[PDB]
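Numbered from 1 within each chain, the chains take letters A, B, ... in sequence-line order. Excluded from the calculations below are hydrogen atoms, water molecules and symmetry mates; all remaining heavy atoms, backbone and side chain alike, are included. As the structure lists them, so they are numbered: ligands from 1, and atoms in each ligand from 1.
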There are 2 protein chains.
Amino acid sequence: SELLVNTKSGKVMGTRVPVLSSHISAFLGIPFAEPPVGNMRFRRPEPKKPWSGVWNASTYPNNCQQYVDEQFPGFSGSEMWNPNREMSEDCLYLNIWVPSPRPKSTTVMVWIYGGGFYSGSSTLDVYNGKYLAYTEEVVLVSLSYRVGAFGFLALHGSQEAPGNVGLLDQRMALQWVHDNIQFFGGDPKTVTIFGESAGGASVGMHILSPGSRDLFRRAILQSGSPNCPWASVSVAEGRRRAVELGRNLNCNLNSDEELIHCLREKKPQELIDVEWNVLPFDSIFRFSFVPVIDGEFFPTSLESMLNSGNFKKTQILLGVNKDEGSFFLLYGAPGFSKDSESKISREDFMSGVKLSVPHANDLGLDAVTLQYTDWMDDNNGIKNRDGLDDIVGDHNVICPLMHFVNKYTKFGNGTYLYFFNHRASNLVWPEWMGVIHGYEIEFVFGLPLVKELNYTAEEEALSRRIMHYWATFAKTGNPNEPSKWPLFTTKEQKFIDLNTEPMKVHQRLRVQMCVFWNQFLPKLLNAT
Amino acid sequence: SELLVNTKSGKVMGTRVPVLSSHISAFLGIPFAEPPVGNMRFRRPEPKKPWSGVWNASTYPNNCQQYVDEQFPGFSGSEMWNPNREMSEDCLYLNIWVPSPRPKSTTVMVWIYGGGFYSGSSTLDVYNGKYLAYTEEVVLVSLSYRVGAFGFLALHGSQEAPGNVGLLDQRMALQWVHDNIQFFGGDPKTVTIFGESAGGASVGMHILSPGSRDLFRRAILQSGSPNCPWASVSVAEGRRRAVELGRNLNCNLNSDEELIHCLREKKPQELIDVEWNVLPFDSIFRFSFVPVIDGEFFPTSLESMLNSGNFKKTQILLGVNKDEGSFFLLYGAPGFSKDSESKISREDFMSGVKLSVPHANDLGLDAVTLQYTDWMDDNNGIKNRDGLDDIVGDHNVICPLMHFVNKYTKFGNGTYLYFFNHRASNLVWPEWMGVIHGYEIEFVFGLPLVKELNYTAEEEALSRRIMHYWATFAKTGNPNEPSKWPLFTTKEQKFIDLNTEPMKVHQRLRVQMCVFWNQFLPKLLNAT
Ligand SMILES: Nc1c2c(nc3ccccc13)CCCC2
Ligand SMILES: Nc1c2c(nc3ccccc13)CCCC2
């Protein structure tokens, strides 16, 4: 055996993959649900019928349908994130990298990919778990889940297209892992789900959803938080967008049945083509088809849940990157461009903030500008570029995350917080973008170990520390082997910097700005 | 003669006063209007009937009735500001210090005292013009004007008690100066009115009032601005307070006639006793009987006037002191005390801001706290003490002054701005109060020249510079004799520090904070 495994669904043949100077076993493309094609589009996933024979798990699966990014065709910095396999609706599979020799029972790390809920692949090279599995000796798996319309369309009172289906796909994979990781050497009672962006937000959504709390132990959230403004919509909104999509394809909108049948006949690409049209406003960092607060997956509003402790209580490890805004600005705010150093004028500055705070009213926008502008240097293009980069970041990633942390820490069983602020020496994006959203993942997956990728030795050191913290936290529940990375406490809110220097512990990650967003802004907008 | 002068009202005999190593002539107590006693209380001042004989002008006049401050009885720091002569309703007189030998025609400086409109005397030792008159060879005069109820009660549609009467008294003295300073060697076409606190606000009110624009050339405003929130009330409000006072003395409130007669029978002290009761709210830095925007003295709201250029266009010299709040906090905010270093708790901090912003709503207060609190050190007593000291100062003196400057500069003929931030070495108030409101006046009047007062030599130097700037500006219109004290421009808003070091020019005095008060706060409060 070694490469032959009997799972409760059938047998699977993997491959021996080279890792550094050795090998590992890899089982790629194991199906975990029935292909949600045909009349199953938009419906919740079915558990997969067992198979006879041996499933060949030697190649990656297809990727789900999604919007291909071709804003900088050929550019590696963007291309590295695009589906590198044939897209297909039939894309619910999972991959597992297992050590050699196969362990008896060891920790498991399940990776849930990001992509703003409209994109993502498990087959990307920055998600190749061979290095982590090998260096830390853990079993690592990667899920697949429907993104976009296909995974989050939500005609609420319908069985044909209830929302959150992509969320259910995640769960189903979590189930299969629970019920079969043992045959691969993993301990089902010690699986940690980790994810970034929408993945990190999904993770926190599993910590909240009653139905998923039991299929995992601990969780890691990277630049994501379930309460982030771009991660959920009400049923009403989902309906709104669902129908709006329908009219863009000129579907009969007299009933959900008609609407849905119609959408089920359209070719996948047609859906993607008009997907970005249904948003209700001009905005940046906002996605169309996202999780809906439907009353099932989430019993109540996430805010009540956070306030009542209605969530799984384990320990979590989470964090943020220094320049979370960059990517969003560069891709859709006027004035930024990849080959320029993007100095923004006050005109484009004000245009930017409108895009970042789509729900603010005049007074709100005014309030934001007040805080983010250096009044004694009002028209400085560099300062304006940077201020915008912090508006997007604080509003959309840092401040909601800090909110989550504070409400979770009251009842969780430990919290570790990091601030990743290192720019890879080989970054191909411009220096103005800084430490970009998505850029710590190279570290967590150990790509610096690959000398051919040109990282400095000091960075190799850094990913090994990161990988260890991640692994040790997954096993133990504390990232430190027996300097200490302090626990985060509501009292003395400590966190650490995660860069190549001697570690520094700091306190109160972005308080000043975060009280503005978490307490002032909302009141303002409500009073008005 | 020398000491005998014929004025258009009658002859006056002065005194030769020692000044340093020499002498000067001083004419103290020259009447300028008919004593507003009896049935004239509350009424506008009459020009004084000429007299026969020689008026003996050898002693100071009586002081107007006012509230004596006895919060720290015997303490010089407070006592220095209390009436040092018998108070009387008969107090409209003026004083003039003239050089020896009498000049032919020279610049004139008329001092209008401060006191929040409820107090003030011209006879105080820090307003003794012998040093200025001598060192700079100018004619210096000091007015007297009714303060409190007696000078600002305002039953609008009444001839018996129209408002702004104290303001008219100032004018009348300005008239007499215009019509007779020549007999003392002064040039009526080169009189500069200077004043501090309410005096500085009065000065700006003369620059605005059509009726006074012609009796003076230039103006100096120290820690005051006509648009400061505590300097004026609407006719409605004045009526309100006028009647409220009436009920505290149980006057018949069926008519202005009854009310007024009643108030005219009360002894002066009764009025003072309940004077502070009529305010509409708990507050700090707010006075009861103040100028009313009546449509006569001020044709329109001061804001329209500022916006339309409806004001005298000459050059002005104005400024602020570093710690304008101190005195107000110390006198009526909970937690501050003279012999303690007043570390304020967040409780008293929040109590303080409520007192400083009596018109803010919850959201407004919230907005202030946001800006003035150091969120990463929330409970620091020192930081809270200081923050409050800046709330009061920025809200009540610095920010309105900067507003005035900006609107005036568009149409004035030159503007010079200073930031006085030197703490006298012999200050008897605690170090936490810093550079207190009122404390530059010692400098402007040259008391450091008096060696018996114990100032350092470096301070002697400082008052001579100050006195020169003040004198030279009064003559020329520019404080610099032919480093330069730049003009203030709306473009590059320069100002200078006025302390014993090498002069520094800075830009944009308190922009950040001032945009909050001048533009944000008001909108907020209006939207809500
Ligand atoms: N497509 C991208 C994704 C991420 N970052 C990116 C950064 C730049 C350009 C494209 C990106 C973060 C994870 C999700 C996908
Ligand atoms: N009574 C006072 C006045 C001023 N400052 C003071 C400062 C401390 C205590 C009393 C004061 C400034 C000018 C007006 C009067």
Going by UniProt, what is the chain that binds ligand 2 with the most atom pairs under 4.5 Å called? Acetylcholinesterase
Recorded drug name at ligand 2: tacrine
Identify all other chains that place a heavy atom less than 4.0 Å from tacrine (ligand 2). B
Any idea which UniProt active-site residue of chain B is nearest tacrine (ligand 2)? I'd like the heavy-atom distance to 1 Å as well. B/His437, 3 Å
Name every other-chain residue that has a non-hydrogen atom under 4.0 Å from tacrine (ligand 2). B/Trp81, B/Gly114, B/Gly115, B/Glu196, B/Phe327, B/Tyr331, B/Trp429, B/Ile436, B/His437, B/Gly438, B/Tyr439
